[PDB]
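The following structure: phenobarbital with Gamma-aminobutyric acid receptor subunit gamma-2.
Throughout, a chain's letter reflects where its sequence line sits, starting with A, and its residues are numbered from 1. Just follow the structure's listing: the first ligand is 1, and inside any ligand the first atom is 1. Only heavy atoms go into these numbers, but all of them, side chains included; no hydrogens, no water, no symmetry mates. Part of the entry, not all of it, is on display, and contacts are counted within that displayed part. Technique stated in the header: electron microscopy, 3.3 Å.
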Amino acid sequence: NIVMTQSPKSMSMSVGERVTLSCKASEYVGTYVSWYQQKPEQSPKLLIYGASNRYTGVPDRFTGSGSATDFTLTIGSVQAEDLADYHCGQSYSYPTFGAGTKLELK
Amino acid sequence: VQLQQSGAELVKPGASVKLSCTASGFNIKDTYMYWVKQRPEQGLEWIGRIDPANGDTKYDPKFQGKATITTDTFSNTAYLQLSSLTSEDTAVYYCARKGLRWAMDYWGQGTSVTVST
Amino acid sequence: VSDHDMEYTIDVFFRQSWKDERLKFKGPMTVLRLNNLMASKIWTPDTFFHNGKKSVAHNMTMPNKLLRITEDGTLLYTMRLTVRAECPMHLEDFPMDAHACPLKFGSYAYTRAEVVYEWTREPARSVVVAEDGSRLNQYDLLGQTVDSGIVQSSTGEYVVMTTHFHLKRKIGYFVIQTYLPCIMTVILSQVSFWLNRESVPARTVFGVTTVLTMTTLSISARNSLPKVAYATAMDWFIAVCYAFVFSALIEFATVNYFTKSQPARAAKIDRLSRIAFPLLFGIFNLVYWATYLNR
Amino acid sequence: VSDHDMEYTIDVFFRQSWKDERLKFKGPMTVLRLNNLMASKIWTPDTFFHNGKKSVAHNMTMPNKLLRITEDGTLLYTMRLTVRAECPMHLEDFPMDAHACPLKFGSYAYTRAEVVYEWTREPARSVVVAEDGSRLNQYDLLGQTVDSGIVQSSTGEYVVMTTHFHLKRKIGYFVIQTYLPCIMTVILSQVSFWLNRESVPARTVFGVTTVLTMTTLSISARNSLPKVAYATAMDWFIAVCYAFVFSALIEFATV
Amino acid sequence: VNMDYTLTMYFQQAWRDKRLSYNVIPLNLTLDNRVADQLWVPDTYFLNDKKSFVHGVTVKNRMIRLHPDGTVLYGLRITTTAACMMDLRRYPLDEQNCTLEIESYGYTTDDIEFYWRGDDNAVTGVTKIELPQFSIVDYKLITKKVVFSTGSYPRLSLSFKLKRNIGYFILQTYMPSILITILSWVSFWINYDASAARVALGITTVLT
Amino acid sequence: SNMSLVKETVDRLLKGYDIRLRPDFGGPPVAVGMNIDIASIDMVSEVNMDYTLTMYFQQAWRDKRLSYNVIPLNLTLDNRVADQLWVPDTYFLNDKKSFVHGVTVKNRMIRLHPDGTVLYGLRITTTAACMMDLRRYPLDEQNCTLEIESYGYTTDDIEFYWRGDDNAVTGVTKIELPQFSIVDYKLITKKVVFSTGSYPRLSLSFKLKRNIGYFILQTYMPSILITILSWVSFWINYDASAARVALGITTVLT
Amino acid sequence: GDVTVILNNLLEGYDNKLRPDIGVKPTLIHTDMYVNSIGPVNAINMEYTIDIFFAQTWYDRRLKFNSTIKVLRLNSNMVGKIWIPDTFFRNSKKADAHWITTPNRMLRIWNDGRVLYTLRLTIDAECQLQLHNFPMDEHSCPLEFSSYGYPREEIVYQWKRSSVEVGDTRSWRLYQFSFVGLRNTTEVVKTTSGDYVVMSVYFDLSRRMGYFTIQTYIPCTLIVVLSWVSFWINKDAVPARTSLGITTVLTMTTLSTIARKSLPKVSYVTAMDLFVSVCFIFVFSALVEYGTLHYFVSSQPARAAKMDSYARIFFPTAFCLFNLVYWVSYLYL
Ligand SMILES: *[C@@H]1O[C@H](CO)[C@@H](O[C@@H]2O[C@H](CO)[C@@H](O[C@@H]3O[C@H](CO)[C@@H](O)[C@H](O)[C@@H]3O)[C@H](O)[C@H]2NC(C)=O)[C@H](O)[C@H]1NC(C)=O
Ligand SMILES: *[C@@H]1O[C@H](CO)[C@@H](O[C@@H]2O[C@H](CO)[C@@H](O[C@@H]3O[C@H](CO)[C@@H](O)[C@H](O)[C@@H]3O)[C@H](O)[C@H]2NC(C)=O)[C@H](O)[C@H]1NC(C)=O
Ligand SMILES: *[C@@H]1O[C@H](CO)[C@@H](O[C@@H]2O[C@H](CO)[C@@H](O)[C@H](O)[C@H]2NC(C)=O)[C@H](O)[C@H]1NC(C)=O
Ligand SMILES: CCC1(c2ccccc2)C(=O)NC(=O)NC1=O
Ligand SMILES: CCC1(c2ccccc2)C(=O)NC(=O)NC1=O
Ligand SMILES: *[C@@H]1O[C@H](CO)[C@@H](O)[C@H](O)[C@H]1NC(C)=O
Ligand SMILES: *[C@@H]1O[C@H](CO)[C@@H](O)[C@H](O)[C@H]1NC(C)=O
Ligand SMILES: *[C@@H]1O[C@H](CO)[C@@H](O)[C@H](O)[C@H]1NC(C)=O
């Protein structure tokens, strides 16, 4: 069971600044890490499928960076509608997700 | 294209529940169907998946024996049955399908089961 | 795995599956398990191996191909073929090295906006190596590792599926071939220090035949490994052993030259070098094996 | 003739004639010398070589095949092909051995009640070897020998045409290769008996290096020879020579 | 060194095809070997081969034969280089066991059935095989069903057990080494005063 | 236009064309002229008793059925039409394995001329066999030839000759062999007689002469220097027995 | 739907036996290469392997369609149905395309009739290597190609501006050599059939002395240094010094043979056998020096006393001077 550790567990940051979220895998996951976004009381939305590939309908401010074990999700100009949860999940084996990261505004 | 789930359930601890996920816009024999659970203010947890074109199912080690996933092809539906659910699995249950790079591109709407007396 | 050619061989059932809405039917059977001559009349993807050198597709007794058409339009197409793929190796720690031999395949003539590839099961469970499926004599298959990416060519972007097989070379052959004769030649050279100083041709032929043995050893051990342009671990071992043997011969030459003028100095240098050589060789062995077994 | 593979190679014009009543014609010519693509549109016999390993039918620059139809219905069909056949050898008297390398052919799938073979001329004059046609380095082709018999396999009884080529190995290479170094080493070991007993290392290195050379010679001579289970004649010679060398060394040790 | 063995065989298959059934003529029909490109023949393959071919001299060495009830016999003459992994922990005093696997590629076990025609007399010509190095001690015929990710497939297996001869290895390697060890004992018969002789003798034997 | 004219000309030429019959199937023999442009001679092997050569092999004959007069140019056609025309069944008698190159297509050429002259070129890599007389090795010169014969057509159906008769074989003075050197070459025309009839034959022979620089440096210089080092034992006095014995014995062994 | 109609309309009244503009003008073909790897350059057979994606593009006015799609992207299925140039490599000993799993070819036809045809090839080309200065040598040996049947008046070739592109150059099978650069060239060659436009790609390679160093230069120098130690041994032990001299000559002969076997059986002297020859002369000189010493110790010891003391300083100095002059003279070239 590949464990994905996401950091930080909760963070705050203001509007219009670059932000970076990280996901670390215990085992090898090639490029099969996906980033989902979940607003409160809604179902998760696929943001980044694979390591560094944007889904249809995602703005050009989300971008992912992949490796064998270390993965990042970077947002550029972060707006006020990105107040949601961000999960990283691997798909190299039977899927396991991360703990989650709650983005906040300040 | 779209996945529609049933409404929330309020069941008694010790019974069995059956959740449904109906697919509209595609044939479920082309992809896999995943069931995920999410507790209030926590991370997602994968229950299991089924290959509807074959019938092959795989489960999470903390869910083997508890949950069972079936499919109905004629109406494009995936069913999740929990056998004996205790007083801790009060979560939201999502139905997903595999996407391009083995990601879950389309998700359902969530079915919040609730166990109480 | 042909180490001299930087390549490996692999015998596979290569399975592909897609959906063709022009091959829908409705009959008593839900799956047509057809012949290998129906797959030439229909569209099949033109997968090629990006690092394959000269692969063959078996034609014995009939073309080893498989075509299955499901009632809803799904096609399963399987081939049996022998890939001879390219494995770039970094032989710096030879023969205590590990490798990851790749197998990249993708679509020829179909860009990413036309044909995309995907694994049919979970990526960790898609490439499956059989249990008795190991024709390796020199390596040890440790596991597999799949990946998928995109390459930018002069004609467009192409999906490329990569598979790495991780190999670890077994040292048991090279021990008896090189590491045991070199150590034995060093011991045979060092055994010369116990003969008396009055028998000079004896110790001379001891030293010289150990030098000859080390030279023939380096040649015989170098002709196995391909002609790389750097030094491996076995080369360093042979070099240090040659240094020890040659140094022993130089010590004998010193002892003989210092005889008949200063007998006490010759006696001293023969008694001191009787114990410094095994000590130095043992420390070198300890350090070498420690740095190349934990590497 | 490869001795390590127990095989040999041969290059033949293989001619087959038969009579097909469906191919009778009447025209301004009495024989049609047609191409090698008309032969694939008519029935031709399916002759194979029973003891062939990897034969080739040449098709450079065009298929080396010949079809001649005579006006009464007789066909002559000739091919040019290189056959690599098996020659089971018994190497007791190596390198003074004589062999009879066979070449057996017959029909695949046509039994004796359907297709029978025959030599077109007298059997002693059918298999004809050219004069300049000898790529033998090690052997000597003495003559040929044809035969006919009936083999029986799981599909029936077939006619088999057998040819035997009788080869006699030439010794002039193995003589210089092994017999002169072995006799030379034995004489060189016996040279030591004329040395003065006051020189022990001299006679010692004499004996031991001639024993080493004998070991090397036996290994070298045996690597060209295949991995047979018995011992050949050269092996007996080398063994007796080794005995002579070892006895010389033991004699020095005794002295 | 290649971990394989080459074998030439007449490989024949027999089945019954209800479409190739006639009753007008009473004899069995041996047709030209090019009509086998117009009939259905099973897609049999060898799982453990490395390179194989049908002999194509003077024509493609294959046989087709029809029978009035529908039975089709289909023979080939195949030289195949089959891969056999050897266990050389007891070389050359070893006994190997390696096989020829005979499987159907396209048709599963619910589409085709394999069996040995005779089941004890299906494989002939083994006692007449003479090898320069080995000797066939025993052979076995096996019917089986294998399971892949695409289905269940029938399989036949023809296995040989080969015992390696020892006389060659005795006279080639075990006897010379014993002789060098005998030779290295004449170092004691030489007197301990003469040093150069014993050093030269012992050192050359260890080097040899 | 011109494409339509050439198209209809080629379509008329190939309509009703019998590939089984040679030009003048009942009349006089057809004359075929040979050119060879030797690209390389790869490996002259003494152990296999053969040599490898790559050649541009061209044949020219005249077929009256492939005659046209409406266009004034020569027609080079795609090589797949060589399977729809009659080409002579030339073979090499002393070859062991030959092939036509097949990258990027089958390396052959087919050209039609308005008077009926067909020009047919192939690029062949022949492993021809020649037995060598090594009694003077390595101070020997080896004369081995490549035989060009017609297989099916006898001497009253076909006729061979060299196109130019002295310049038909080119590129022989540019061949760089690492171990030999071409001194002379000859072209011969004759007829051979087999039990099926009389056949025309051409022969291209290259007299090769072996260099000596390699054999000297690798074999003759070592033997002479070992002989000199065997002479050196005479300057050693008769007292030291081990030295002269060891020098002589290891010199014999070398 | 419509692409099938387009493909069937392109092939109506089509003759794949005639090049475009068969009696109008020559066809201009633009060629590109992509070198995946340059295989082992063995000098024995005077050849080298290379793997490329060979792409050609030209204009065919018969494959011109009017539609809303601009390009047809096809398999190798239609390669044999349209006209394809007969490009062949003039200096190849063996060459094959790739057929696993499906013929590795690509065809793309455009809206105005421009056809692009790409295929993957593995060529075993030949280049005569002038093996002087070996192994500190540099070569530049080509890969040439042209049309086989179409002369200059029928097919004209032309490079693009981004013609030949190499990949990473580290995953290549060049053990003993090192890629340094390339250059393209076009020319016209006289042939018995006509004038042909020939295009050449010269790859410049330099041999890296990392294998030949530890294969021959280090052991021969080691054997020379070994032969040197005979001077420090006392001149009375005759078998010792005799053994020293003869074993060094033996080892030098063995090393000369095993080092000669690398390169082909060329008749000229290289820069490696010159080295091994000078080393052999040095060991032989040591032996003959000891020989004259042993001969002269009996006649007059006064002359034979300082011979060894002279040799102990003359041999290393001479060898070092030889190494200096050899290495400077052969690395300046
Ligand atoms: C050479 O090796 C093969 C395979 O390694 C051997 O074949 C195996 O033979 C044994 C005994 O003949 C088989 O065992 C049997 O099991 C069945 C199970 O139903 C039982 O009914 C039989 O009574 C018998 O006990 C075994 O299945 C078979 N296959 C394997 C291991 O895959 C062969 O015996 C060896 N020797 C020779 C001379 O071929
Ligand atoms: C290599 O060997 C071949 C084969 O022996 C040599 O060919 C022979 O060459 C001579 C001289 O060209 C031929 O001879 C002459 O015969 C004609 C017959 O009309 C006669 O008119 C001439 O006056 C002359 O006597 C000879 O027939 C021919 N032999 C064969 C069997 O073809 C060749 O010369 C050798 N050397 C080279 C460099 O190729
Ligand atoms: C390959 O060929 C191209 C085209 O012939 C060469 O491109 C030329 O480059 C020079 C500068 O070196 C320019 O001045 C020319 O105008 C270019 N010609 C065109 C039309 O591109 C290219 O340099 C060649 N590359 C080599 C020699 O490797
Ligand atoms: C190498 C010695 C040998 C031998 C020596 C003495 C008696 C018998 C045999 C021989 O001369 N030839 C062989 O092949 N093997 C041998 O062991
Ligand atoms: C083996 C001697 C040799 C040589 C010695 C003296 C002068 C010239 C050559 C050499 O050292 N290397 C070679 O390759 N061939 C040689 O003959
Ligand atoms: C492979 O086999 C099939 C049918 O047996 C045949 O049509 C095809 O030509 C064969 N190909 C080769 C390369 O042997
Ligand atoms: C056909 O073959 C069978 C079996 O080999 C045999 O029993 C039968 O007699 C044959 N038919 C004729 C007409 O001989
Ligand atoms: C056709 O070829 C002949 C012979 O080479 C030549 O003389 C003639 O000029 C050519 N015709 C044209 C139009 O080039």
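For phenobarbital, the full set of ligands or chains is ligands 4 and 5. Other chains near phenobarbital (ligand 5) (heavy atoms under 4.0 Å), by letter: F, G.
The deposit gives chain F the name Gamma-aminobutyric acid receptor subunit beta-2. Lab note: no covalent bond from phenobarbital (ligand 5) to a chain modeled.
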